Amino acid sequence: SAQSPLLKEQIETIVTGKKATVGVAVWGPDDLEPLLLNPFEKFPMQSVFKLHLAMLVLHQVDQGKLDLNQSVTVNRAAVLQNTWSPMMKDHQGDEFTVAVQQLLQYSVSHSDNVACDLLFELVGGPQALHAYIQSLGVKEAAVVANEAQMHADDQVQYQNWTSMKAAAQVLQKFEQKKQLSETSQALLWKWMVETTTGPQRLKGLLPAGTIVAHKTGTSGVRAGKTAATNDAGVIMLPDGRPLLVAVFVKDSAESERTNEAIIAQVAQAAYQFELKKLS
Ligand SMILES: *C(=O)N1C[C@H](NOS(=O)(=O)O)CC[C@H]1C(N)=O
């Protein structure tokens, strides 16, 4: 039993009248196709594309071009300034090197902007990641900018975009374990499960302790609007099977609490739809 009528209707009451454009992808483990909402919109990804980036970094690790214990120079003055980076507060000193593995964990789990931009340097920039996304057979998405360019120009975020179909496909290609070695896959799943970002988004209305591998993303506000409040992830159902849910709240005039509640409510509806199929 795939996407069926009261699921699409619960989603209907969650977004109708909200001053935002809400992208939705729901792919339960018995669905041939994802349920999509606003499938024709281009949703700015913000931090969500650190998942795509990590998959490319770990695929180049799997191909030997890089190594997880390979060191990278982090210079406090050289890197992207005045930005979100737990790495530049965790580590003291004017210059230090960290392993690619810690760059990955910082970018994926802590959504770190400096670590993310250093991984862009090692793989060949946004154009490397744009080619990789296409190489997975995902067409309706684009990546042209890094974190530094997005911080420099707030309109540039709209060109690092994905469609809801493309959001489902990357979540599926991550979840299905076929794009990466077993060691690389297992690190990415760990980083996506162990994040403490966005607790009120996909995890917000799920029972405590529900395993959710997910990547958040959020823009800043401008003139009382938030261009993007996103969360994309894999919910582990009680039988161990995956439920893929992505929600992208675009150009919202609602409060942050409402934007996250929208994400949470969709994830809950998809979740409870799957729970009644079992015990
Ligand atoms: C990611 O979108 N960002 C990095 C950082 N983490 O926020 S997140 O949990 O929504 O991913 C702060 C905001 C944002 C950015 N400006 O880069």
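Here, residue 1 is the first one in the sequence, and each next residue gets the next number. Note: hydrogens, waters and symmetry copies are ignored here, and every other heavy atom, side chains too, is used. Whatever order the structure lists them in is the order used to number ligands and atoms, beginning at 1.
- Measured by close contacts, the chief partner of ligand 1 is listed under the PDB entry as Beta-lactamase.
- Drug identified at ligand 1: avibactam (bound form).
- Lab note: binding site of avibactam (bound form, ligand 1), heavy atoms under 4.0 Å, is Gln46, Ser47, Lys50, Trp84, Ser111, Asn113, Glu147, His151, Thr197, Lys215, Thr216, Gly217, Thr218.
- For atom 6 (N) of avibactam (bound form, ligand 1), the closest non-hydrogen atom on the protein side is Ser111 OG, 3.2 Å.
- Taking any N or O of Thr218, backbone or side chain, at least one lies under 3.5 Å from an N or O belonging to avibactam (bound form, ligand 1).
- Note: an N/O pair closer than 3.5 Å links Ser47 and avibactam (bound form, ligand 1) by distance alone.
- With respect to atom 5 (C) of avibactam (bound form, ligand 1), the closest heavy atom belonging to the protein is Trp84 CD1, 3.5 Å.
- Examination of the model shows the covalent partner of avibactam (bound form, ligand 1) to be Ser47 OG.
- From the protein, the heavy atom lying nearest to atom 17 (O) of avibactam (bound form, ligand 1) is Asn113 ND2, 3.0 Å.
- In the entry, the organism recorded for chain A is Citrobacter freundii.
- Of all the atoms in avibactam (bound form, ligand 1), the ones that sit under 4.0 Å from a non-hydrogen atom of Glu147 are 17 (O).
- For a threshold of 3.5 Å applied to N or O pairs, the pair formed by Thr216 and avibactam (bound form, ligand 1) contains at least one separation below that value.
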